[PDB]
Amino acid sequence: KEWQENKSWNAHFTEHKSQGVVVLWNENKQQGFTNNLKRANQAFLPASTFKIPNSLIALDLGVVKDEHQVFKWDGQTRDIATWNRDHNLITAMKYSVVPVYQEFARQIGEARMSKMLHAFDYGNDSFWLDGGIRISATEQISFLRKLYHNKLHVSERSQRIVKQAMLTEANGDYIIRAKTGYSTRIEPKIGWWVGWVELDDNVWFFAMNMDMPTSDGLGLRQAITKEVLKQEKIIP
Amino acid sequence: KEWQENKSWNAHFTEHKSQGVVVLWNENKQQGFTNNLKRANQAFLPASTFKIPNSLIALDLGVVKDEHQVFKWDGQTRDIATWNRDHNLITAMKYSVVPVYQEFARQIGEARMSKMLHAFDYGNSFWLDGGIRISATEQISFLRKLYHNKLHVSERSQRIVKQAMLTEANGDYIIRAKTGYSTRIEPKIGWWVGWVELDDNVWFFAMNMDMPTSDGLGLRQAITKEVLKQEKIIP
Ligand SMILES: *C(=O)[C@H]([C@@H](C)O)[C@H]1C[C@@H](SCC/N=C/N)C(C(=O)O)=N1
Ligand SMILES: *C(=O)[C@H]([C@@H](C)O)[C@H]1C[C@@H](SCC/N=C\N)C(C(=O)O)=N1
Ligand SMILES: [Br-]
Ligand SMILES: [Br-]
Ligand SMILES: [Br-]
Ligand SMILES: [Br-]
Ligand SMILES: [Br-]
């Protein structure tokens with residue numbers, strides 16, 4: 001619908017010698033805001049943000065029975081400690097456990113994965129890491145709004161379970177449901193944070209990506225998004 | 001002399017795809033604020049902001065008798081229309097009439113210019129392409145002496161220059177200020193320095209910003225005012 005460029009948010013990026021985009025969508029007012037309309041509409045690899053639709057499809061097809069089912073560690077030690085243990089959907093999403101999601105994708109199969117992504121109108125195996133799938137910030141928001149309103153073609157149940165699994169932060173002021181991403185297999189190397197802020201009276205959808213040349217800057221994904229949310233008085 | 005960085009003002013620069021510093025000084029609270037403590041303390045060529053001390057010295061030495069004395073156009077046409085006419089101190093300051101100020105400087109002479117700038121503790125054609133340099137915070141320090149009539153020149157000299165600095169006034173505020181554009185030496189910068197008089201307080205300000213072309217000159221005032229609006233110093 002209607003979009004507005006707010007170049008003042010660029011200050012949040014330059015303060016950290018960083019480049020990227022934040023996109024906000026005010027659900028009540030049906031209005032979007034971004035520091036960079038062009039980058040807002042540039043498609044990148046989803047990386048770990050692909051765990052949202054992967055989770056939805058796995059649940060809807062019964063590849064994942066529920067958020068309690070245990071996926072046993074395969075015993076192969078990997079360089080992220082949190083991966084080297086048993087997981088359920090909740091902890092697999094929280095710790096971005098690629099091995100668990102690769103197994104989901106194999107059991108889903110490329111034919112069913114394709115029909116589901118087409119039905120989700122999601123962007124355009126390992127394809128979400130080093131393959132052809134691409135999605136923009138504004139496309140992330142468009143997908144997330146369908147998930148929020150249970151409007152994706154999968155069961156309501158599938159959508160409620162994934163939204164539970166997206167829980168990141170909650171207090172008396174706000175709830176954040178979101179997914180982090182880090183795309184390194186193809187240039188440019190970017191960090192993602194996509195999801196939404198639930199308030200008493202409104203929802204603010206958000207999608208941000210930023211240049212991530214090294215691991216060191218990963219915290220800026222959350223820190224820069226929150227600086228924008230603070231500035232717009234969406235959270236304290 | 002306590003200073004505080006307020007990085008939120010950087011929004012006013014980035015909104016205009018621009019880089020620079022604004023420095024504010026709250027006279028009542030004796031506190032300063034800037035978006036960039038480092039750039040606040042970087043010295044640049046004063047350019048037309050040098051007309052403030054040049055005016056003060058010219059008046060104190062009797063090179064300029066008063067704000068009404070006429071400086072006759074020398075008849076040489078220059079690329080700034082407003083320069084191609086007679087001027088007094090008021091219009092020479094308003095239109096930044098370099099030829100008038102060069103004549104002041106010649107009659108002052110380098111010896112008296114030097115002793116006066118030392119007595120003013122001012123910074124470290126010389127103000128355009130020479131050795132004189134001043135920071136935003138040094139501008140504020142000089143302007144506060146002018147405001148309080150504490151520069152070593154006559155009170156009269158100081159009142160006349162403050163009159164000549166008048167830029168804008170209404171029922172909300174008075175601005176006394178001088179614009180500058182430094183182009184002879186890199187980096188090319190715009191200046192706006194002066195103060196905002198309110199009923200109960202004075203806010204000193206000094207801003208400079210990268211000015212690669214003529215196109216952005218209005219941002220000197222526009223960005224300073226966005227900061228003054230945000231801090232609720234003016235509506
Ligand atoms: C999601 O964005 C994941 C999270 C851990 O940052 C990344 C992990 C990579 S594969 C493993 C690379 N790092 C190993 N130490 C990934 C992907 O390539 O899509 N998602
Ligand atoms: C002050 O900053 C001046 C205003 C007009 O922008 C600016 C003009 C330049 S050119 C000097 C003119 N040369 C001969 N008449 C200038 C400077 O060079 O310092 N200041
Ligand atoms: Br929940
Ligand atoms: Br991640
Ligand atoms: Br007098
Ligand atoms: Br006056
Ligand atoms: Br000027």
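A, B, ... follow the sequence lines: proteins, then strands. Residue 1 opens every chain. The way this entry was determined, per its header, is X-ray crystallography, 2.2 Å. All values below come from the heavy atoms of this structure, side chains included, with hydrogens, waters and symmetry mates left out. Read the numbers this way: they start at 1 and go in the same order the structure lists the ligands and their atoms.
- Sitting at ligand 1 is the drug imipenem (bound form).
- Contact analysis gives the chain with most pairs under 4.5 Å to imipenem (bound form, ligand 1) as the one the PDB entry calls Beta-lactamase.
- Within the structure, the other chains placing a heavy atom under 4.0 Å from imipenem (bound form, ligand 1) are, by letter, A.
- Defined by non-hydrogen atoms within 4.0 Å, the binding site of imipenem (bound form, ligand 1) is A/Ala47, A/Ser48, A/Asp79, A/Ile80, A/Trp83, A/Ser96, A/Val98, A/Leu129, A/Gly181, A/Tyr182, A/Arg185.
- Close contacts of imipenem (bound form, ligand 1) with A/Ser48, meaning ligand atoms under 4.0 Å from a residue heavy atom, involve 1 (C), 2 (O), 3 (C), 4 (C), 7 (C), 20 (N).
- Protein heavy atoms are found less than 4.0 angstrom from atom 14 (C) of imipenem (bound form, ligand 1).
- Note: other ligands/ions under 4.0 Å from imipenem (bound form, ligand 1) - ligand 4 (bromide ion).
- The source species given by the entry for chain A is Klebsiella pneumoniae.
- The deposited model shows a covalent link between imipenem (bound form, ligand 1) and A/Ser48 OG.
- The N/O atoms of A/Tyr182, backbone and side chain alike, include one that comes under 3.5 Å of an N/O atom in imipenem (bound form, ligand 1).
- With respect to atom 8 (C) of imipenem (bound form, ligand 1), the closest heavy atom belonging to the protein is A/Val98 CG2, 3.9 Å.
- Atom 17 (C) of imipenem (bound form, ligand 1) has A/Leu129 CD2, 3.0 Å as its closest protein atom, hydrogens excluded (heavy atom only).
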